A.B. asks: 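Quick one: this structure, given as structure tokens, is what I'll be asking you about.
First the proteins, then the strands, lettered A, B, ... as listed; each starts at 1. Read the numbers this way: they start at 1 and go in the same order the structure lists the ligands and their atoms.
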Number of protein chains: 4
Amino acid sequence: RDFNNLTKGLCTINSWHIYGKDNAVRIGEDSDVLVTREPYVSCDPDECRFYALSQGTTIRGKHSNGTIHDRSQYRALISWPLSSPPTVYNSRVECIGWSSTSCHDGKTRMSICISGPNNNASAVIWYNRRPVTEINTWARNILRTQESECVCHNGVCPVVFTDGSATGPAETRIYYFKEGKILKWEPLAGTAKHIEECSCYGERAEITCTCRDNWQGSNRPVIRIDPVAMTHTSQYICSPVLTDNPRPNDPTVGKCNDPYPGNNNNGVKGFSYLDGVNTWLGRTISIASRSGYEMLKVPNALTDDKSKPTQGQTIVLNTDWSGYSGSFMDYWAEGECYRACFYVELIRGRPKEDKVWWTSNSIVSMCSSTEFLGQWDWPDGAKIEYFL
Amino acid sequence: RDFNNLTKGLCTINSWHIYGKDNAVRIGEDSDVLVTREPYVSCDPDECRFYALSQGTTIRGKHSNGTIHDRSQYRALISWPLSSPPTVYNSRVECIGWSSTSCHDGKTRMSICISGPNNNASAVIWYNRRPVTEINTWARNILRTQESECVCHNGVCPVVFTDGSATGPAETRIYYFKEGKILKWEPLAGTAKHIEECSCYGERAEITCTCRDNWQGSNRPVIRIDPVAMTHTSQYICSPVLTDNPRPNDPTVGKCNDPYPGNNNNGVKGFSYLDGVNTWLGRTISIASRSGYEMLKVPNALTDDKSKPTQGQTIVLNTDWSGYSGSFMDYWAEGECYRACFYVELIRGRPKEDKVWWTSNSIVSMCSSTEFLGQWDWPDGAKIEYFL
Amino acid sequence: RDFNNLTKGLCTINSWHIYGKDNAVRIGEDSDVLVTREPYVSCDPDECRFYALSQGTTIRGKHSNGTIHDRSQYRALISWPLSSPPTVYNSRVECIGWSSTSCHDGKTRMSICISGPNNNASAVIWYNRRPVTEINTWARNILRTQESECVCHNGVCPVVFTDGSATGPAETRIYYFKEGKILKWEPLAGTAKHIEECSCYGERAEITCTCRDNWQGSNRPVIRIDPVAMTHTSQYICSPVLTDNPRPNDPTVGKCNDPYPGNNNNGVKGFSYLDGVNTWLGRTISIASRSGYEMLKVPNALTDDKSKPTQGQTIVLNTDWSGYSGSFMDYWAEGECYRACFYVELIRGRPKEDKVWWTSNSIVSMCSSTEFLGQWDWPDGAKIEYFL
Amino acid sequence: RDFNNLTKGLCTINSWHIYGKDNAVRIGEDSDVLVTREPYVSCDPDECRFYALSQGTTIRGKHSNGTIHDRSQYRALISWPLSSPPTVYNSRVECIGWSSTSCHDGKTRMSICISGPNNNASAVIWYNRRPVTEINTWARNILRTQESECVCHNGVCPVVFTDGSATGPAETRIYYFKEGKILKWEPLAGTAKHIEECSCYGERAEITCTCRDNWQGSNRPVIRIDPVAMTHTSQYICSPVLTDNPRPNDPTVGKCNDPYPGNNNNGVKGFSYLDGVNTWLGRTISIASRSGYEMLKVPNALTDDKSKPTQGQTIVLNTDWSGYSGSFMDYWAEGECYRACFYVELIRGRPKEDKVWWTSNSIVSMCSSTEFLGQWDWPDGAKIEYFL
Ligand SMILES: *[C@@H]1O[C@H](CO)[C@@H](O[C@@H]2O[C@H](CO)[C@@H](O[C@@H]3O[C@H](CO[C@H]4O[C@H](CO)[C@@H](O)[C@H](O)[C@@H]4O)[C@@H](O)[C@H](O[C@H]4O[C@H](CO)[C@@H](O)[C@H](O)[C@@H]4O[C@H]4O[C@H](CO)[C@@H](O)[C@H](O)[C@@H]4O[C@H]4O[C@H](CO)[C@@H](O)[C@H](O)[C@@H]4O)[C@@H]3O)[C@H](O)[C@H]2NC(C)=O)[C@H](O)[C@H]1NC(C)=O
Ligand SMILES: *[C@@H]1O[C@H](CO)[C@@H](O[C@@H]2O[C@H](CO)[C@@H](O[C@@H]3O[C@H](CO[C@H]4O[C@H](CO)[C@@H](O)[C@H](O)[C@@H]4O)[C@@H](O)[C@H](O[C@H]4O[C@H](CO)[C@@H](O)[C@H](O)[C@@H]4O[C@H]4O[C@H](CO)[C@@H](O)[C@H](O)[C@@H]4O[C@H]4O[C@H](CO)[C@@H](O)[C@H](O)[C@@H]4O)[C@@H]3O)[C@H](O)[C@H]2NC(C)=O)[C@H](O)[C@H]1NC(C)=O
Ligand SMILES: *[C@@H]1O[C@H](CO)[C@@H](O[C@@H]2O[C@H](CO)[C@@H](O[C@@H]3O[C@H](CO[C@H]4O[C@H](CO)[C@@H](O)[C@H](O)[C@@H]4O)[C@@H](O)[C@H](O[C@H]4O[C@H](CO)[C@@H](O)[C@H](O)[C@@H]4O[C@H]4O[C@H](CO)[C@@H](O)[C@H](O)[C@@H]4O[C@H]4O[C@H](CO)[C@@H](O)[C@H](O)[C@@H]4O)[C@@H]3O)[C@H](O)[C@H]2NC(C)=O)[C@H](O)[C@H]1NC(C)=O
Ligand SMILES: *[C@@H]1O[C@H](CO)[C@@H](O[C@@H]2O[C@H](CO)[C@@H](O[C@@H]3O[C@H](CO[C@H]4O[C@H](CO)[C@@H](O)[C@H](O)[C@@H]4O)[C@@H](O)[C@H](O[C@H]4O[C@H](CO)[C@@H](O)[C@H](O)[C@@H]4O[C@H]4O[C@H](CO)[C@@H](O)[C@H](O)[C@@H]4O[C@H]4O[C@H](CO)[C@@H](O)[C@H](O)[C@@H]4O)[C@@H]3O)[C@H](O)[C@H]2NC(C)=O)[C@H](O)[C@H]1NC(C)=O
Ligand SMILES: *[C@@H]1O[C@H](CO)[C@@H](O[C@@H]2O[C@H](CO)[C@@H](O)[C@H](O)[C@H]2NC(C)=O)[C@H](O)[C@H]1NC(C)=O
Ligand SMILES: *[C@@H]1O[C@H](CO)[C@@H](O[C@@H]2O[C@H](CO)[C@@H](O)[C@H](O)[C@H]2NC(C)=O)[C@H](O)[C@H]1NC(C)=O
Ligand SMILES: CCC(CC)O[C@@H]1C=C(C(=O)O)C[C@H](N)[C@H]1NC(C)=O
Ligand SMILES: CCC(CC)O[C@@H]1C=C(C(=O)O)C[C@H](N)[C@H]1NC(C)=O
Ligand SMILES: CCC(CC)O[C@@H]1C=C(C(=O)O)C[C@H](N)[C@H]1NC(C)=O
Ligand SMILES: CCC(CC)O[C@@H]1C=C(C(=O)O)C[C@H](N)[C@H]1NC(C)=O
Ligand SMILES: *[C@@H]1O[C@H](CO)[C@@H](O)[C@H](O)[C@H]1NC(C)=O
Ligand SMILES: [Ca+2]
Ligand SMILES: [Ca+2]
Ligand SMILES: [Ca+2]
Ligand SMILES: [Ca+2]
Ligand SMILES: [Ca+2]
């Protein structure tokens, strides 16, 4: 109809209720489920769906052997109905590639897939299910993007890309698209020293992205975008409650404009909702691996370098595998506020469970409640022994 | 369009004709069918569909092992086309949880799923396929609901919940929702001493619920709701024709305001249509187990403590497994009256058939006819030996 | 929109072109295809689909054992997209039963399924996917119907039923339905001595049904219905070109008002287009079994007791299995005439191929062409050896 | 809405970006994927889909044995969602046959399937999913057509057919259809000596077809059609950059009106975009077999007998199997020009990989970009060893 505009502020997050779970690996043990990774969730005005990067094979299929690898010519961005598994028969391919992002602007959806060899990748921007624009690699080193939904405001949908080293300074760009066409792009500015896989959400005409400093920081970089001025800023979450993984143990004081040191060249896609006292951070429980997952209310986390948790909710037990996590919201729901939501990628298989030769995941997602709900843990649920 | 209003009275029930049957277990022996239980049927203005609680695995899948258990993080309310089986590819997830209810109000559908650990469950109310409201456990003991469709009148859709012990007094509440939001709630009142899994239907602006007194009664409690005054009453079916299971043998006189004694701490979801002489009761044939199923016309069953059958129809032979049963009607059919309908859950597997490690079911449903139709029996039809 | 009216006459049939073929048994050897029999084809104003009586199991499933049997509680009328196979995932159940008919009246579709034990069957008439009317058995001996589409004119859709013996005189009725409700019914009149499974089509406000005299005749009985006067007549095809199976060898003169003798208590559903010189008859090639299939132009077959073929087209080789055949037309196509069409049921399995324990079929259908097209043969194509 | 008119010219082709890839053989190793060949891509005003000739069996099914054969009664033209594989459950049958073409005219789609024995084949033209016209074989020797999409202009959709020998002069015809009816047909004229499987596209009210001279030429014949005058011409691509396969090595000067000699009685369906300097030719890399695939910019290839490449892009490595290739464009995209697109059939199985008894393929397709994008290679990706 008309372009959606980020006119509301976030609803108060007093707890998280279960939104969707596909139990993909469990079901896929005996049905035609595609092997995936890098999942996310994204809504259209009339439907919300699960998204992911398929590996172009079923989990039980012999081609599942080797799916720990990230970039092949057999991958594609696919979407399928909420809480269903990604099956060969219900999955819709949005585009071909090994890194992607996608968002609805109110009138139609923009999907971006990047493919190619390491030194010659290219992104192709699809709008209304048609290819519209193409961007060639600018640093010739794995052009890559969000791995979660982008956000739009009055037709403008910014997207963060990175090209170059994942363990050194790199060339990150913020592209402002409208109807799949480039209105403008900027180089990253601010104090964030390295950006990877931004998780974004919008409220009151401002887009907030919590990303991954794969180089030096265990605290997360944050990119705030103004989609009207088409300008942005960058810093890190000030809080000592560190949210990347692997990471050092929490200090008593964090860093606002520098990576918090202790772990180099590694990390995990993650997210947060930075909204004053209504601030919640997600993180794996383990400081060593993609294990467990929790949400912690850390009032003023973004700007208070001594902020510590005031409330919390466990999402996945430390005795269960987790993985990527990101933000999305249903900008087309009824009400006066935007209900914050997120998903956690529950990775199964390699490298942690090497008795099988594949790597895949299932998805669990929650949204906020103004009630103070009791908590449960949501593991993948599959028994690897069954796949042997 | 506009909210549906219960303006008609029931059609005269002279017999029952076959409405739907999915033969799920038979078909699922060699196809991707989800393991389920707690099924029901519910209509939208333009389509009627089967519903159930999936176990997040196929019947032939190795994860089918253990599905006798009720509450796990892998369950979800799913719906699928009438008479089809619940397959991995045609099932639509309505919400995540291990207890549910669902009903269309004329404009859109409300679905409710409850999940969580025993002492910290929470219900989330979805309306128009979006989460709208959340209710936390109030007695910290398996918050649970109908397991069959709710009914709406002018936007108001009451739903009965119970929280606390299943073998003692508990805290039952009647919630009146409108567009997924709570208008009001009451504590249970009347003479029913314990309520579990209410089966409901509406006619002439009154909602009638036949439930399960899991504590002491073998006669069924009944809750009549006024969705306009948003008030209700409760009693038991007076009739000596006892309809819970397990149960004592029928007496010559029943009880109107107390549980009929003889069997404690057990029962089965069941239903009835209480309409003066046009009164029909459903029950398992066996007084000992979920075996067989029949419909008996017991004129004035609700109010006549000596009412006995005047006509009957066998639905399932006592030599075949049955299970849950409940009411639903197509409030959007043509005509001057509401045609009463019901479904019977045909449970296969554990605990009665322990040669297999799973527990599932298929569905059979009938609706009333003003004709006096010949009868047939409708078993599940699967040969367990095939699954060995 | 508006009720369709049979306003056109038939197109000139100069040959038959291929319309649809699902290769169900071939494909089903390694995919989830339901076991069926008694198929047909029927169109809606915007789509034409395949129909059949499912056996409630896949062909490879263990429950396929025993599907030679006709009437069980696991059967249902299902429809699915033209030329696709009847799979567990794309088949739509129209109603539950072991005998059926179905037709679109222009506004919506009426489907009829009969179920029950031999002495207590009942038909339930569905209209707009809702049960509307029910008819109880009148002779208490396998109430049964067409097994192919009915035809409508200005809302009136006649359907022929038979109840009683299949090897003696029986009680056949012509029901005139409108919006699923009974407007009127008649007992069969005319000279046809026994009616079974009528194949019908309409043109210029007249409905012609070619049926099966299972009792004594090897020539086919014909029922012509006036859907406006709601009256009918009956006779046999006069032609010596006999079209039932099994049958005697063709004589030089046929019978117009009596069964042509030679074979008792057996037959096969078949059809014909009786239109003066534009008259074509279908029949199995073998006079002994459901083997092969051909179309023969026999000008004035209905009224000329010495009519013999003037042209022909082989549909299936005598070295391939055939079975049921019936008529249907797309009353909603463009043009000035109705293009005659038909399907042939290609039965595989029992009783002729008893190395397997199942019985199923695939479908092939042709429509007429005013061109004189070359011919090909269309067998089922599956290798039974593969199923062993 | 209204008939589409070829009002735009081609976009400038500076490179090719990835459009779709179904990874059919990979996925089909463990899921219900139909065996196919002769694929293509074609768009409707609101969706673009993959098309192919199914073999009426899954790849893993036992009936896959023997699918190297071209013409059987089990084949059919099927279409399915872009980038999905052709599965038993998502494939839509357009018509029955072993040679086909299909195109949308703006209002609806015309699909053509030819079937029959070698000496008695017939084409049936479907429009709006209904059979409308039929054409009988005129040379009684495998009537056959494009195997890729046709193109329409103001309702007129020309289609090229050939009937007669594939290794000698034959009878090629250009049919001009409108709403599935024949407006006119011509015999082939011009200097092309033999035509097979034309690949077509339209721009500025002109339709260009690049075909296959299976008889003598290794250069490709070209048929340019005027859909308004309903007239055409024919010649060969002048360029020495030979594009059929098998073929001699490139000379320094090509032939404009005669086949370039060196290889007889063989070839492969291929295509090109002939647009002055904006001219790109596709060809297998190997001159000996259907191996590898590349795109070469050969300015003025059609008219310059000494034209050689000025730029290029590899699509498939010479160490990977390729096959058929053809043109299609989304005539309903936004913008001022038509974005040229093409697909390459990646054949797996027989005859090159005879360890398996089947022959099938997967599809990869690209569209043009005005950017100068980096290149990647796109192989089928399946490991034959897995199928053993
Ligand atoms: C039914 O449901 C309800 C609703 O969920 C249940 O009630 C909830 O209970 C939750 C668990 O108790 C509770 O969550 C905790 O909240 C704490 C904050 O609340 C307390 O402090 C505030 C502030 O003073 C008070 O207002 C409040 O009244 C409380 O006293 C959090 O602080 C907790 O998080 C910390 O602990 C967990 C382990 O429990 C860690 O995993 C987590 O990371 C936090 O601790 C680490 O990080 C901090 C900060 O740097 C460090 O100080 C600390 O040492 C830990 O650091 C180590 O561990 C991390 C992670 O491994 C590592 O990185 C680091 O290097 C160190 O190794 C926790 O979130 C809910 O708030 C509460 N909800 C509500 C509404 O009440 C109820 O129990 C359920 N009922 C039943 C019967 O089960
Ligand atoms: C073709 O189709 C038609 C249509 O269906 C068939 O005709 C139907 O036939 C049915 C079976 O006969 C019949 O159903 C019965 O109706 C009885 C009522 O009718 C009779 O009584 C009335 C009232 O006086 C008369 O008007 C009428 O004319 C008849 O005479 C019911 O009473 C029957 O139910 C009881 O019996 C069945 C077993 O048949 C039990 O399973 C059932 O639970 C009922 O009996 C128990 O409960 C009562 C009440 O407390 C006790 O008194 C009794 O002792 C039993 O109690 C024990 O069993 C229960 C359950 O196990 C247990 O809990 C308890 O503790 C005790 O152990 C029955 O419903 C249809 O009405 C009739 N339909 C029509 C339209 O005619 C026709 O036969 C078919 N044709 C052919 C050829 O097959
Ligand atoms: C390319 O395609 C075209 C288009 O299809 C092919 O041309 C077609 O060729 C068909 C086969 O030849 C042909 O079909 C036949 O037509 C005959 C009628 O035509 C002839 O007679 C008329 C009338 O005089 C002449 O006008 C005309 O010019 C011809 O001379 C039919 O009569 C044929 O049917 C009979 O034969 C077949 C076997 O071929 C039987 O299976 C069939 O049942 C008919 O014969 C039985 O029944 C009759 C009637 O009672 C008996 O008299 C006879 O004895 C047989 O009875 C026995 O068999 C039956 C069945 O088993 C049994 O019940 C009974 O008891 C006895 O045992 C046949 O239909 C097409 O018309 C013709 N089409 C066109 C447009 O030309 C062309 O060949 C193809 N090209 C190539 C190169 O292959
Ligand atoms: C990142 O991505 C970019 C974008 O793709 C990459 O850059 C591209 O690099 C491509 C490969 O180098 C390049 O493709 C080539 O372009 C040549 C034309 O360019 C050159 O000549 C022009 C004209 O003078 C100059 O303007 C220009 O500046 C260049 O100097 C083509 O000519 C190439 O095609 C020929 O070679 C390939 C092998 O490379 C053959 O397979 C192909 O068939 C062509 O050669 C055969 O045919 C010709 C013509 O008859 C014969 O002369 C020749 O002998 C060969 O004939 C034999 O082989 C054929 C096929 O087997 C057989 O039939 C015959 O009988 C003989 O046996 C080639 O297309 C892109 O244009 C370039 N793109 C861009 C934008 O720059 C970049 O490298 C990537 N980065 C990294 C780091 O990898
Ligand atoms: C069910 O009852 C309510 C009345 O209580 C009907 O609501 C009225 O509908 C018309 C058109 O929607 C409005 O102009 C009235 O104000 C509506 N409501 C109220 C609450 O007064 C409703 O239309 C009835 N439903 C149906 C199907 O007829
Ligand atoms: C088929 O015939 C009936 C007439 O018998 C047509 O019905 C008339 O349609 C118009 C518009 O629907 C009404 O105003 C007339 O009163 C209708 N009916 C009768 C029964 O008189 C019907 O429209 C015809 N069908 C079609 C497709 O033209
Ligand atoms: C390539 C660098 C990038 C960010 C560190 O790495 C990612 C890390 C991954 C990971 O940490 O699991 C998985 C992603 N599939 C991969 N992205 C690509 C494009 O391969
Ligand atoms: C938990 C108490 C409740 C009512 C007695 O028990 C039910 C009995 C069941 C049963 O008797 O079969 C099955 C239901 N799955 C279960 N409900 C839940 C929420 O577990
Ligand atoms: C029952 C008599 C009727 C007509 C002769 O028989 C049919 C014959 C059949 C047959 O000849 O193959 C198959 C049908 N499934 C069957 N109909 C029913 C209802 O069982
Ligand atoms: C029959 C002649 C024709 C053109 C040379 O051959 C084709 C060649 C083929 C090929 O070279 O792979 C495959 C096509 N399936 C076939 N067409 C038909 C109708 O069989
Ligand atoms: C099928 O059923 C028969 C009869 O019940 C049984 O003897 C036979 O062995 C079964 N065959 C198979 C393959 O199950
Ligand atoms: Ca890091
Ligand atoms: Ca009880
Ligand atoms: Ca399988
Ligand atoms: Ca007979
Ligand atoms: Ca050639």
A.B. asks: Give the name, from oseltamivir carboxylate, nomifensine, methaqualone, of the drug modelled at ligand 7.
C.D. replies: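 Out of the options, oseltamivir carboxylate.
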A.B. asks: What is the name, according to UniProt, of the chain making the most contacts with oseltamivir carboxylate (ligand 7)?
C.D. replies: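 Most contacts go to Neuraminidase.
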A.B. asks: Give the letters of all other chains with a heavy atom closer than 4.0 Å to oseltamivir carboxylate (ligand 7).
C.D. replies: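 Chains with a heavy atom that near oseltamivir carboxylate (ligand 7): A.
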A.B. asks: Which residue atom forms the covalent bond reported for oseltamivir carboxylate (ligand 7), if there is one?
C.D. replies: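 No covalent bond is modeled.
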A.B. asks: For oseltamivir carboxylate (ligand 7), which atoms have a heavy atom of A:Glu196 less than 4.0 angstrom away?
C.D. replies: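 The atoms of oseltamivir carboxylate (ligand 7) under 4.0 Å from a heavy atom of A:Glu196 are 4 (C).
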A.B. asks: Report the UniProt substrate binders of chain A that come within 4.0 Å of oseltamivir carboxylate (ligand 7), using heavy atoms.
C.D. replies: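 Heavy atoms under 4.0 Å from oseltamivir carboxylate (ligand 7), UniProt residues: A:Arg37, A:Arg71, A:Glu196, A:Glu197, A:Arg212, A:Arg290.
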A.B. asks: Tell me, which protein residue and heavy-atom name are nearest atom 8 (C) of oseltamivir carboxylate (ligand 7), and how many Å apart are they?
C.D. replies: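 Going by distance alone, atom 8 (C) of oseltamivir carboxylate (ligand 7) is nearest to A:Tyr324 OH, 3.3 Å.
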A.B. asks: For oseltamivir carboxylate (ligand 7), which atoms have a heavy atom of A:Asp70 less than 4.0 angstrom away?
C.D. replies: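 Every atom of oseltamivir carboxylate (ligand 7) under 4.0 Å from some heavy atom of A:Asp70: 13 (C), 14 (C), 15 (N), 16 (C), 20 (O).
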A.B. asks: Only heavy atoms of A:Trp98, strictly under 4.0 Å: list the atoms of oseltamivir carboxylate (ligand 7) that pass.
C.D. replies: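 Heavy-atom distances to A:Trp98 below 4.0 Å select 19 (C).
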A.B. asks: Which is closest to atom 20 (O) of oseltamivir carboxylate (ligand 7) in terms of heavy atoms, A:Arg71, A:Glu345, A:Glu38?
C.D. replies: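 Among A:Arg71, A:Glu345, A:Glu38, the closest heavy atom to atom 20 (O) of oseltamivir carboxylate (ligand 7) comes from A:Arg71.
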A.B. asks: Could you list the atoms of oseltamivir carboxylate (ligand 7) found under 4.0 angstrom from a heavy atom of A:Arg144?
C.D. replies: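 Close to A:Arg144: 2 (C), 3 (C).
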A.B. asks: Out of all atoms in oseltamivir carboxylate (ligand 7), which are within 4.0 Å of some heavy atom of A:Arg290? Include the element for each.
C.D. replies: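 Within the 4.0 Å cut-off of A:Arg290, oseltamivir carboxylate (ligand 7) contributes 10 (C), 11 (O), 12 (O).
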A.B. asks: Is it the case that oseltamivir carboxylate (ligand 7) has an N or O less than 3.5 angstrom from some N or O of A:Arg37?
C.D. replies: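 Checking oseltamivir carboxylate (ligand 7) against A:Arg37, an N or O pair does fall under 3.5 Å apart.
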A.B. asks: Closer than 4.0 Å to some heavy atom of A:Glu197 - which atoms of oseltamivir carboxylate (ligand 7) meet that?
C.D. replies: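 Heavy-atom distances to A:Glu197 below 4.0 Å select 7 (C).
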A.B. asks: Could you find the nearest protein heavy atom to atom 5 (C) of oseltamivir carboxylate (ligand 7) and give me its residue, atom name and distance?
C.D. replies: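 For atom 5 (C) of oseltamivir carboxylate (ligand 7), the nearest protein heavy atom comes out as A:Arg212 NH2, 3.6 Å.
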A.B. asks: Hey, could you tell me which residues sit within 4.0 Å of oseltamivir carboxylate (ligand 7)? Heavy atoms only, please.
C.D. replies: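 With non-hydrogen atoms counted, the site is A:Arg37, A:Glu38, A:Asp70, A:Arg71, A:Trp98, A:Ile142, A:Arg144, A:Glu196, A:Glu197, A:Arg212, A:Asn214, A:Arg290, A:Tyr324.
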